[PDB]
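Some notes on the structure that comes next.
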Amino acid sequence: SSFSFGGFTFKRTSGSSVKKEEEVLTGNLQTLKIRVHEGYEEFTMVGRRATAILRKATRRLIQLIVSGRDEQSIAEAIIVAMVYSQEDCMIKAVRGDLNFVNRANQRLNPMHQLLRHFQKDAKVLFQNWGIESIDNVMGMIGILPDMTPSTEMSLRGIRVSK
Ligand SMILES: O=C(O)[C@H]1[C@H]2CC[C@H](CC2)[C@@H]1Nc1nc(-c2c[nH]c3ncc(F)cc23)ncc1F
Ligand SMILES: [Cl-]
């Protein structure tokens, strides 16, 4: 069965995961209690303006292949995938006001809290994610933290289908 996150419809296409609650420490030193998915899984992500295929494991993005209508729509998909990955570099990229601990009995979803944080401005997320050298795969291109294309380098695990 499918579920929506960040305006993408997710469908699990392979694998499985078990759940473990973990109290992580954000970059601005707040505690979030997140349900960590442990396992090796593949998802499709279908949005109104971008599509992606995500392979991930426990708190790790392994591969994301993305297509979309413009740079902004591609970036939107990437930010959703980087939060959904639950990666420590994404948790440590949170900056600014302590606006996760301030909601009283609202009990907001920590994954949605993170997403709304990074949708505001993903520059620190992209700068801390990491880049790698890429193989030359015809029809695929790298995307750098400034969302410009590269034939040589890319955000770690991420490729754009031109
Ligand atoms: O935990 C949640 O409240 C929700 C919100 C935050 C992410 C998902 C979509 C919205 C999550 N829902 C679901 N996640 C997942 C799920 C599998 N592997 C994952 N890895 C990381 C992750 F993060 C969520 C998942 N499966 C079924 C779901 F139905
Ligand atoms: Cl929420």
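Using the PDB entry numbers, chain A covers 321-482, in order. Start at 1 and go down the list; that is how both ligands and their atoms are numbered.
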Choose among WIN 54954, GS-9973, VX-787 for ligand 1
VX-787
Hey, which chain has the most contacts with VX-787 here? Just the name the PDB entry gives it.
Polymerase basic protein 2
With a non-hydrogen cut-off of 4.0 Å, what is the binding site of VX-787?
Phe323, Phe325, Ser337, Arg355, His357, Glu361, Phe363, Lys376, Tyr404, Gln406, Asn429, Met431
For VX-787, is there an N or O atom under 3.5 Å from any N or O atom of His432?
no
In terms of atom number and element, which parts of VX-787 are under 4.0 angstrom from non-hydrogen atoms of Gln406?
21 (C), 23 (F)
Could you tell me whether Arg332 and VX-787 have an N or O pair separated by under 3.5 Å?
no
Ligand-residue contact atoms, VX-787 with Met431, heavy atoms, under 4.0 Å
6 (C), 23 (F)
So what's the organism behind chain A, according to the entry?
Influenza A virus (A/California/07/2009(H1N1))
Min N/O separation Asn429 to VX-787 under 3.5 Å
yes
Kindly confirm or rule out an N or O of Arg355 lying under 3.5 angstrom from an N or O of VX-787.
yes
